[PDB]
Trainee: 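Opened a PDB file with N-phosphonacetyl-L-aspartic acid bound to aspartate carbamoyltransferase (R state), catalytic chain.
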Amino acid sequence: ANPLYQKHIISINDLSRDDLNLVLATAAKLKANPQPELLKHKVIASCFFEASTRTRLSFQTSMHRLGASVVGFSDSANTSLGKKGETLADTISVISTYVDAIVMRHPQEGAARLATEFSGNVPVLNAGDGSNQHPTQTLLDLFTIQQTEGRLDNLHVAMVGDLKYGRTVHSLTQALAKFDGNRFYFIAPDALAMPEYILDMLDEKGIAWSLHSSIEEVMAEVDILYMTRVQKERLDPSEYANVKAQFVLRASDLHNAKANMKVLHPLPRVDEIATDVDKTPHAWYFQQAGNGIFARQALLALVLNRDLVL
Amino acid sequence: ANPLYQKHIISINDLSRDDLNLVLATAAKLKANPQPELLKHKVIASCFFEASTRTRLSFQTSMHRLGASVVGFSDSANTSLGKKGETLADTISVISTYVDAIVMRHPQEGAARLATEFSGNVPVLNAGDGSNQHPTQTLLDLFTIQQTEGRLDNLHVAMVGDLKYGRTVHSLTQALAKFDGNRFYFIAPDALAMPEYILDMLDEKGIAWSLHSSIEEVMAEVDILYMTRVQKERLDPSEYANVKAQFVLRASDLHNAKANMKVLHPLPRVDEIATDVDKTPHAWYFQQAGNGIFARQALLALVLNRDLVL
Amino acid sequence: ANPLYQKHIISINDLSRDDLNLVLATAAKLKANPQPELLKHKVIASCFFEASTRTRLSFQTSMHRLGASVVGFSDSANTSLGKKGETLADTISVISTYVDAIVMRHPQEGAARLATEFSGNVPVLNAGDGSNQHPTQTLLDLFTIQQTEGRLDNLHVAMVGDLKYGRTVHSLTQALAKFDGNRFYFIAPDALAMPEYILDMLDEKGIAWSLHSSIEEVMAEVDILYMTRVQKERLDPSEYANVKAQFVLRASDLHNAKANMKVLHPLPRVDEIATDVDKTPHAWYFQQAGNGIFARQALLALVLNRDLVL
Amino acid sequence: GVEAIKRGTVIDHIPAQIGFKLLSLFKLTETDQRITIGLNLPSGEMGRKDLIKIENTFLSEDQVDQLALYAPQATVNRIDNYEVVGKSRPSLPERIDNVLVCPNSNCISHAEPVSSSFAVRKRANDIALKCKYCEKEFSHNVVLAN
Amino acid sequence: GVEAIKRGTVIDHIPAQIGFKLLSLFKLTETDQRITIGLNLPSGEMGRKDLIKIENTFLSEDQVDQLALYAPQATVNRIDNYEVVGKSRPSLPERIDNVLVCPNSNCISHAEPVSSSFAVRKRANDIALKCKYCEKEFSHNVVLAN
Ligand SMILES: O=C(O)C[C@H](NC(=O)CP(=O)(O)O)C(=O)O
Ligand SMILES: O=C(O)C[C@H](NC(=O)CP(=O)(O)O)C(=O)O
Ligand SMILES: O=C(O)C[C@H](NC(=O)CP(=O)(O)O)C(=O)O
Ligand SMILES: [Zn+2]
Ligand SMILES: [Zn+2]
């Protein structure tokens, strides 16, 4: 069997550099050599309890492209959880008697983990849980850095925006800390700083990070500028000061950047990234999006099919 | 004619130290020897466009103690301004053809100055306009200090809470800088600091003021500890950080206090003054309220009577 | 000093048969020979935290017939209690520094008792507190019975409707058990039965009471048929079963009635008294309302005047 | 004996499973003075007892009144120089201040800054508590219950 | 002494004012069996220790470990007929299940019918607690609700 075969994918914290590389090698293989009936006869649940454009559509296109069938919801209001007050435990309990895997997005931290407890032999894939994890996001991110930088080690990584609630940076930071000689630059308002629990590990793994107050004290030395959106729907009133992007990127700030340097963003972007950047060759976010198809295909293949791909 | 005879009481910036003195002298006088008919045959309009418990009832009580009648509203919702789309200029133009004085409290700064331009001969009394001024609070406040301290000079005054939106402390500050030797100590969240226009004034008039991070650091030397409520309804969302009171007074913090020191508060109080303070001899906010009767009775008598012989 | 001189009129449980008698004697007296200036120079606060048509206007009419002035509110929404978060304890503390008596109607039981603890020397009159008491209704009710029956003893009284939430029938029951020989007949949906605390009292005082399933079974022997409206606004959802009136009176059911029998109703009436009842000589609810003037005029005169010589 | 102290209080005959409650409600534990607690100790009468011992400490006037409500069987023993200088048994007061919570949800008692107060009335079946504010009467069974 | 058992367990040396806490959390007092608690007693090394004695009961190793959070100085004596057969000292457990509550308001943990669960980790000053669910790590200080 393949290492990820029938495993839940809930947090980057639970995967090893090994797991990661496997997914990336597989992704590359499928990007090259599509397998249209790899998952012929499977039925996957696409359960979204929170908003989504890229994660859901990209996950569903991938299922279709590998020959799988898809059942699900993109809104919980018309689910019996929505209207009859059923617990989520009861919801994963029955849904897990119909499909071969559950993909799910939920607004509360640890929903993905709670479902693993009530799904039986049916793997659960975390499409995002509150502000905790977003593992399949880290995957397409990793695939993109490698694709554009040529490696995953000895990278200079700047993460700007909302690091407190951005489940995307939690996951990616733990992914790259698993590699060596990675260097972190964290640019955020103090109310939205990178969680303590994340720095503590950087420290222990003896990885180097610094806080900067401007995109510009780090521009000339970064390989990757990972921008993020303020998780406006996650803040409490006490934090409404911070609703507006404190760090905005214009094509103009890309004046001292290395030539390999790419600007990534999980999307969507509000105003933290002006549209004039879209034209510069450092703009890689639409490409980043597109890769979600390969990384999300490689994942499903591994989790639902015993044997390694061709 | 007295100096105040038929004057508009809009801003404390428009009255002199003598003007202020004439009101406390008269207030002092009505308190001892009442006049049930100075305002016999006068109709006063009481127009509250914003909520009020104390400012409106004390004014209306004051009006009746002096024999005048009252017409008005406590809710602009049933006026033709609230339902048929009438401007304030037109409201004031017609109400001024009916009454003898107009008392008005409004949500927008400068609402009371504008009324003076449409009222003709009819005195407008500002019961509060947005976070601008509250001259009638300042008259009952001066009256209370004087009465408990015996002077309006050489006092050591502390103003705590929301100094920014506090129409009450904007007026009191300008009133006490009209007297000699007053020393101010301002304690407020940064977001809610005293406007610079007031600070510029203490500076010009070369008045001694200081900013403090705690009540306690000034506790042993104030004559007056003036607490204010956070103007929740005026805050901008970025300031929602500040909704809760940063400085809370408790019986226990009065340990150091001078014996003569009194705690004043324009009221209402949320959580900034614990109720245990209520039982100490420092607590003077309920006697301060009561004094709104004598100070508002004295102001109505001067604006409307050419000569007051008491 | 009269017995009622400066007393708080909170609960009928706090007044004796003599107290009650002094009000009907005085009410009887003001009705014949009016006093346009007993309350000359008094300011009374009329504080309605709950809707009222009759209780507030009769009290305010009563106040003016006697020469007193009135300040107050009919809507707590524009007070600083409604908008700035002020407690009732603080509201009452300051209003009590302005006025001579405080009339208050509130949605929570015991609201009026609490006010007595913050008002100092100022008499609080309970115009209704939740589904607890309505002492001033009971005074105008006793006055009406007496006047139409000639006694307050040996009557046969029927109370119909919502007995549970009826602050009106809670007070009247305690008032008539203070007189000798009264016999009660209670007709109410089970859900809306008379609280046991009242029943325990009739029992102790060894008063004869009975429960009936119909009006008609007692029609031929009541002196007073006291109808009540279902307290829709007080019901708990489980009681929504009871929203409609179970017992409806129609002209036709008065066929059996004693000639002297009168139909009383605190008002307003929904569907429990058909309008055809209005044309019969039994219908006495509009004359009952009118009597709120004489009974409330007599109570204000006693609380506020040490000696009444009429 | 079983736990002789010099000078302190001793509560015995505490209905089983109430010993802990009282150690909590009374505030018995916010002390620096040696306490001894015996839980699920046997009683010849109704079957099991809890007993609390507090050294250099005596039970407030109210505190023994609250006992009335809770352990209406409890015996409060006073001690001085290892001697049972005085022996009291709880009696139902007339009114209980600020420890009870009015079961009437619409009581002002909840929303405002006041202390609860109930008038006590020993019936024939239970104790009847009357809320000073709402005037509604409840069974101490309902008032006291979790 | 304080009170000797023939069988059961003795938890000697519960740092002062923690004897109460533990009687609460590990619900050690929800039995029809004899518990003997001595609060605020001495013995050289530290001036006032709390001793808890449960008869006809034996703690495990899991249960004994949890105790490490509150009293890392403790000593559980395993009694099998009057004298001290077994003696164990608490050791930081791998995780604490069901006793605590996640301070993350948005934990799925609150809403749904799962058992709380935390992974216990050593930092410097304190013990960090990491929610099984929300994966947020807290300080032993904050987990315990205030
Ligand atoms: O929402 C963002 O800011 C980050 C990230 N977004 C994405 O996954 C893309 P989408 O919400 O379209 O699925 C997420 O955490 O949801
Ligand atoms: O609102 C306050 O905190 C202060 C001050 N308050 C008062 O005037 C008292 P009131 O709102 O009852 O008239 C205000 O500026 O309106
Ligand atoms: O509301 C009723 O049905 C009975 C009674 N009604 C009255 O007092 C008349 P009103 O509401 O006009 O003052 C009440 O308890 O408020
Ligand atoms: Zn109550
Ligand atoms: Zn959690």
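Naming convention: chains lettered A, B, ... in sequence-line order (proteins, then strands); numbering from 1 in each chain. Start at 1 and go down the list; that is how both ligands and their atoms are numbered. Not the full deposit; the contacts listed refer only to the portion displayed.
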Trainee: List the ligands or chains that belong to N-phosphonacetyl-L-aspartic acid, copies included.
Mentor: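 Counting all copies, it's at ligands 1, 2 and 3.
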Trainee: Quick one: other chains with a heavy atom closer than 4.0 Å to N-phosphonacetyl-L-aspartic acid (ligand 2), which letters?
Mentor: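 Other chains in heavy-atom contact: B, C.
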Trainee: With a 4.0 Å cut-off on heavy atoms, is B:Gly128 touching N-phosphonacetyl-L-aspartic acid (ligand 2)?
Mentor: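 So B:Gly128 does not count as touching N-phosphonacetyl-L-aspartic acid (ligand 2).
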Trainee: Would you please determine whether B:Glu50 falls within less than 4.0 Å of N-phosphonacetyl-L-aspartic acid (ligand 2) on a heavy-atom basis?
Mentor: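 For N-phosphonacetyl-L-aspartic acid (ligand 2), residue contact (heavy atoms, under 4.0 Å) with B:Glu50 is absent.
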Trainee: So is C:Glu86 touching N-phosphonacetyl-L-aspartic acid (ligand 2) or not, going by heavy atoms under 4.0 Å?
Mentor: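 Checking N-phosphonacetyl-L-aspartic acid (ligand 2) against C:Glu86, which is what was asked, there is no heavy-atom contact under 4.0 Å.
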Trainee: At what distance is the nearest protein heavy atom to atom 9 (C) of N-phosphonacetyl-L-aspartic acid (ligand 2), and which residue and atom is it?
Mentor: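 It is B:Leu267 O, 3.3 Å.
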Trainee: With heavy atoms under 4.0 Å as the rule, classify the contact between B:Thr168 and N-phosphonacetyl-L-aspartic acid (ligand 2) as side chain, backbone, both or neither.
Mentor: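 Near N-phosphonacetyl-L-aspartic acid (ligand 2), B:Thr168 shows its side chain, while the N, CA, C and O stay back.
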Trainee: At what distance is the nearest protein heavy atom to atom 8 (O) of N-phosphonacetyl-L-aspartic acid (ligand 2), and which residue and atom is it?
Mentor: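 For this ligand atom, the closest protein heavy atom is B:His134 NE2, 2.7 Å.
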Trainee: Need the N-phosphonacetyl-L-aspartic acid (ligand 2) atom indices (1-based, order shown) with element for anything under 4.0 Å from a heavy-atom of B:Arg229.
Mentor: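 Once the distances to B:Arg229 are compared, the set is 1 (O), 2 (C), 3 (O).
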Trainee: Of the residues in chain B that UniProt says bind L-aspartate, which ones have a non-hydrogen atom under 4.0 Å from N-phosphonacetyl-L-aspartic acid (ligand 2)?
Mentor: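 Within heavy-atom range of N-phosphonacetyl-L-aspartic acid (ligand 2), the UniProt set gives B:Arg167, B:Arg229.
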Trainee: Check B:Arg167 against N-phosphonacetyl-L-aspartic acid (ligand 2) and report side chain, backbone, both or neither, counting heavy atoms closer than 4.0 Å.
Mentor: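 Looking at B:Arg167 and N-phosphonacetyl-L-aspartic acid (ligand 2), just side chain atoms fall under 4.0 Å.
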Trainee: Report yes if B:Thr53 has an N/O atom closer than 3.5 Å to an N/O atom of N-phosphonacetyl-L-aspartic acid (ligand 2); otherwise report no.
Mentor: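 N/O-N/O distance under 3.5 Å: yes.
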Trainee: Can you list the atoms of N-phosphonacetyl-L-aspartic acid (ligand 2) that are under 4.0 Å from a heavy atom of C:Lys84?
Mentor: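 Result: 1 (O), 2 (C), 6 (N), 11 (O), 14 (C), 16 (O).
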Trainee: To check your reading of the model: name the closest protein heavy atom to atom 10 (P) of N-phosphonacetyl-L-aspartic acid (ligand 2), its residue, and the distance in Å.
Mentor: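 Of every protein heavy atom, B:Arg54 NH1, 3.5 Å lies nearest to atom 10 (P) of N-phosphonacetyl-L-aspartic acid (ligand 2).
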Trainee: List the residues that UniProt gives as binding carbamoyl phosphate in chain B and that have a heavy atom under 4.0 Å from N-phosphonacetyl-L-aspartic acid (ligand 2).
Mentor: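 From UniProt's list, the heavy-atom cut-off leaves B:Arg54, B:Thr55, B:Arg105, B:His134, B:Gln137, B:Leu267, B:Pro268.
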Trainee: What residues line the site of N-phosphonacetyl-L-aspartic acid (ligand 2) at a non-hydrogen cut-off of 4.0 Å?
Mentor: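 The heavy-atom contacts are B:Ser52, B:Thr53, B:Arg54, B:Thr55, B:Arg105, B:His134, B:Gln137, B:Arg167, B:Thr168, B:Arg229, B:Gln231, B:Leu267, B:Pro268, C:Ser80, C:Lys84.
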